[PDB]
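Each chain gets a letter, A, B and so on, in the order its sequence line appears, and its residues count up from 1. Only a slice of the deposited entry appears, and the contacts counted are all within that slice. Non-standard residues are written in terms of their parent amino acid, or as X, and the atoms beyond the standard set are ignored for contact purposes.
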Amino acid sequence: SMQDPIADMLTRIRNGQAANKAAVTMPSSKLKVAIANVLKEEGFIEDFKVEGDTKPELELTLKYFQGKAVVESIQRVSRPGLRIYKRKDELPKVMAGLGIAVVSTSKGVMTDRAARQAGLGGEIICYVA
Amino acid sequence: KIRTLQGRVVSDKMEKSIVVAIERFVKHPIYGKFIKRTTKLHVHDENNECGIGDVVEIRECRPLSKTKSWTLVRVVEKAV
Amino acid sequence: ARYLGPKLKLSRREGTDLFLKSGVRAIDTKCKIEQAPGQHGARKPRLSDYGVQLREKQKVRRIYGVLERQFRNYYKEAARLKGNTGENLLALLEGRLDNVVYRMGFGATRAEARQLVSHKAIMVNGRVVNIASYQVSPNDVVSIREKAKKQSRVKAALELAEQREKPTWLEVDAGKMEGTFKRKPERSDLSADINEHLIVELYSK
Amino acid sequence: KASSXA
Amino acid sequence: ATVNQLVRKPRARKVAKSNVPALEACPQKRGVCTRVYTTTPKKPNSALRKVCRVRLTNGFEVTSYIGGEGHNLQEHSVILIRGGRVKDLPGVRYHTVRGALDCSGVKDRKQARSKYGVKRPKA
Amino acid sequence: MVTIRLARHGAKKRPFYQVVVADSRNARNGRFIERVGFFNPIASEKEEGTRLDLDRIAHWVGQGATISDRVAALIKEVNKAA
Amino acid sequence: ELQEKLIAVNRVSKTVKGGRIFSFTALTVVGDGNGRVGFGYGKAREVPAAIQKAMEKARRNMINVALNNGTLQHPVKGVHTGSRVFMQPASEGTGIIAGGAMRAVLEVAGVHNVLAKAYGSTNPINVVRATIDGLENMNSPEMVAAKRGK
RNA sequence: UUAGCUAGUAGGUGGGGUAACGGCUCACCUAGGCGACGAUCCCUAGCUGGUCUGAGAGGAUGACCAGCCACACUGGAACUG
RNA sequence: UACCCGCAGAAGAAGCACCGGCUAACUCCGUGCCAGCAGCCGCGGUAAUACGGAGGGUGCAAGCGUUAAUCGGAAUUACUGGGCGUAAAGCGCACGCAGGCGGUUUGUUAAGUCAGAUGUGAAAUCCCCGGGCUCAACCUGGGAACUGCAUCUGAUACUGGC
């Protein structure tokens, strides 16, 4: 059920770009934004938007290119049914590097490539290709 | 300090025989999920203070009875 | 622990010259070479992915006189060794003292280049080397036994030797009989009908 | 095709 | 399926069953040999396969195949059984080693004599 | 009696002892406390032949510890400070 | 740079009235040795006629694969019907280590390395398919700029 | 296709004891103590370093070598130190 | 003894499995669904490369074969890494205790989580770069590793508690 709101993002997004749409909205959650930011910064979506006051709403502007979308794939790693955390060197690398992997660290979220150089580590939110 | 420990009772009835419990998140060695694994430690209770349910601090110390090697240190909260 | 038999019978199966009956007239032929490695040589061996893969090494072994029980380890060796295990196995196959002998013309065939390294008639930076398997490092210099130097054989060998392709990683002599291992053979200065991977695979299954 | 039982 | 489930009732391996259980799971066994018969194999093939019912050492009595054209075996004897079944005769899960203990190798065999147990005849 | 001795960790004919602090009672190659050098009765006139943490050996003798008589023949056959 | 060889050849049937008629099907792959690969099935009542016909489709239909120095980039895994397959790059750890049938489509395409493994079905026809569509989707590395750089 | 197990049993006090804490022992006294994160009960088994296999995660194993343990005709006991 | 120098002379030293397919490697003869082969499919009822022999060929070599046992292949208990409409597989259905999981925002906690440090994790073995027996095995120097645990000082996104 509501149990997992994160894999709801990745799914809505993976599904949105599936049905070649340009904008996908969902209720807003602090962590969600943190992720949103990540995807933007890393160039995986044109950008976020958050016009929610009493009932926080989040919109994501999807990107595209040629005969495909930006995100070749996006999977949930750590879930509420089995949390996964990784050290500094144990941090996972997506597609030999060509692809971020959102890892939350005790000093704010990051990307596998980010946190790596960062020096620390933490739970890994998901896999985006 | 010399290794402090938090834990919750188990019984009020025992007369100087206060036992306790210890929770500890533990990553199953193969499946990775996080399991709760308990540890029950019998503890020394002088003038049988702190009742049941309460949470307490404990210290590992010299034996005192067939399997009973811990003594309370401080009581925290009394309604659970 | 060596072949000891119809050696041409071999090069006829490999359809190439394995440098076996080197001696006097190099560049083989004269034996039926090709059209009959056995009693059905005439046939058209449309071999499998296996064939053109075992026959590859089944060759490499022969083109040196090395065996299985031992060849393997060479591969296992090369494997641990960083870099193209293919060229590496070669690097170790060439690095054989029985090879550096022949290769430095100090003997006709790579077969005639053994009967001596075996019968203590060679050596390194001293100590006479009895095992036709010694692994020659860099600089390591050989030298036909100052003893039975130039004899009713080894002389006739150097003849065709220096008139052969001629190596590039050894600084042989002639009368002083004592080459050197200038450097380890790169991949560019050695080859022919010999594929690495094609053999590096057979030991991956 | 199939033997000793099929 | 689920982790929690795997966490609970954990996955259980499924042990293997030695096609040949004439005990100890050991190389071969010695046996007294109760009877020496010949039988008929399955539908496709039709011979007069030779077999012997042997009282092993460990007490199990079992039927074994006699490979090769002819044998010395009979009534008592004392063969030593091996392994490998005889997909043509069911129940025959063992081969008696030829040229072992009271068993004579195949007379005259020259090819693959290692089996059928025979010695090089005048090289 | 923590005696500093050698254990035979060589190989047929070609030994290779090893100075080590160990409770006198134990077996030769039995339990010990800490390797503290070695002894090569071969080597042949080349580079090495023996090694000993001399400034460690003393720390033990310091807490009272008898030394083998073949171990002592090494503590000096290799001088002390020259 | 022809580069073409067959994988397998099976004999099929068409049970009619007076018995059955056996045809023949050959699966072949072609490429060069620098990207660009393709396969073709094709069948014909004659052995060669089939394999000959095999190269035809083989010629036509040749997708362009984006290699890297003779290997792959991001390790990949493709699927088709009953065969799931995966592939790891690395500097010619040995030289094309993958299963028969799924191997050729790796040689001819020009990749003297890769550590592979075929899971699921091991029927040639569907793995070669799985593989191709496996190399296919393999996105642009030195041309990541697509969604990369941006 | 083992679900319940335990009276010195669980704790206390107090003598005795031990090299030492201790139900170790005894006396008295509260009535407890363990258990489905699997007690109890059966079957099996010396434990670790490691060994074999595997791409690995693992699977299997623990002869030789070293650490710990246990036994030394079967069962029991103390003596000497 | 190790080792070194002569003496003599190719003298004194090769076998085993295999050849229809997987699987590298062919024929003749005999034989006749007999005799027998076989790891699986499957060979033999007159011209059999699958039986026995011979020739030949193939692969290993002081060994080769077979049987036995373990892991692999077996993504064939699937954590990495599988499945269930018909292939084996959703409890006949529902309520619900333990357990597993849980929307959202702030503060706080710092347990989980995470980073640095310090103890420890015997030696040997495996591993990396050298050394020594003629080589190699064997022996050995140094190092990495021993993915673990405990203590402490930090971190705070996420998870847990308040």
Quiz item: What drug do the PDB records list at chain D?
Solution: viomycin
Quiz item: In the PDB file, what molecule name belongs to chain D?
Solution: Viomycin
